[PDB]
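Report on one structure; see the data block that follows.
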Amino acid sequence: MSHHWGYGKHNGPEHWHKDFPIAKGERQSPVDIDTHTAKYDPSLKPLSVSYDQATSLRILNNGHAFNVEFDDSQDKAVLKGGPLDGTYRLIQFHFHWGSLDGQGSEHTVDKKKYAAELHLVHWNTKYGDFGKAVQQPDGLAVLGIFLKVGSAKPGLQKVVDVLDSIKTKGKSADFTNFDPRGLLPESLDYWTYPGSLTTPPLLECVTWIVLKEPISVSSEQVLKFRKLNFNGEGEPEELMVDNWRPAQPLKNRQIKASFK
Ligand SMILES: CC(=O)Nc1nnc(S(N)(=O)=O)s1
Ligand SMILES: [Zn+2]
């Protein structure tokens, strides 16, 4: 049992994978999030998030997929809470689509699947930029937002009118004075699921968070995109969906979460 000191055969060879805890901690395993098995963990530090200045300026398309831009020139919204060593700022996000006329999201929570979901990427500003954050595992994290269908337009009539302007991909339209808070609650507690990507052991500087209060969206909002092209006009009528991800459950004993 006693480990004789003075040697170090294992302390000799050193590689890229052997350097970072990427290979030493392989958690690459896609699985559906379960709320029933989730457990409340009040270990995190309760904090208050901001989002009063949060506002958009315009929306640019990439000829297929577009993301919403925000004015980082001010203190829009910031996230904080837990053993984190720095606050997380948000810059932009996008939404995925589905192949079915009822559902088709990336991950599935509470053994349930949604039609679409928002993808808000954030980077710890404490480390300066994502470039310095990627240098460590707990550097930069990713927030995963989900969207549920309610068929009840929360007063987005105008949002549908401006949409007729971006019928084809590759164009843009200036749109400021957005109200993303009108649908986003304070959100105190929320489940979590840290780990790495579903790709070979390379990087683990990505965390997967999930809020217990997903942003609600009407089926009428996506009913307009259904008629839109998947990449500019002139192409065969096909769905713009292209964000499918597997997650077969092996067993799932207990999942970490800040909320019960
Ligand atoms: C390098 C990289 O970011 N790749 C992906 N981007 N996000 C993707 S998604 N949300 O469409 O799955 S492809
Ligand atoms: Zn995405």
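Using the PDB entry numbers, chain A covers 1-260, in order. Counting starts at 1 for both ligands and their atoms, following the listed order.
The drug observed at ligand 1 carries the PDB name acetazolamide. Among all chains, the one with more heavy-atom contacts to acetazolamide (ligand 1) than any other is, according to UniProt, Carbonic anhydrase 2. Binding site of acetazolamide (ligand 1), heavy atoms within 4.0 Å: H94, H96, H119, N243. Within less than 4.0 Å of acetazolamide (ligand 1), the other ligands and ions present are ligand 2 (zinc ion). Per UniProt, the domain of chain A home to most contacts with acetazolamide (ligand 1) is Alpha-carbonic anhydrase. My check of the UniProt Zn(2+)-binding residues in chain A for heavy atoms under 4.0 Å from acetazolamide (ligand 1) returns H94, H96, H119.
For chain A and acetazolamide (ligand 1), the nearest UniProt active-site residue, with heavy-atom distance to 1 Å, is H64, 8 Å.
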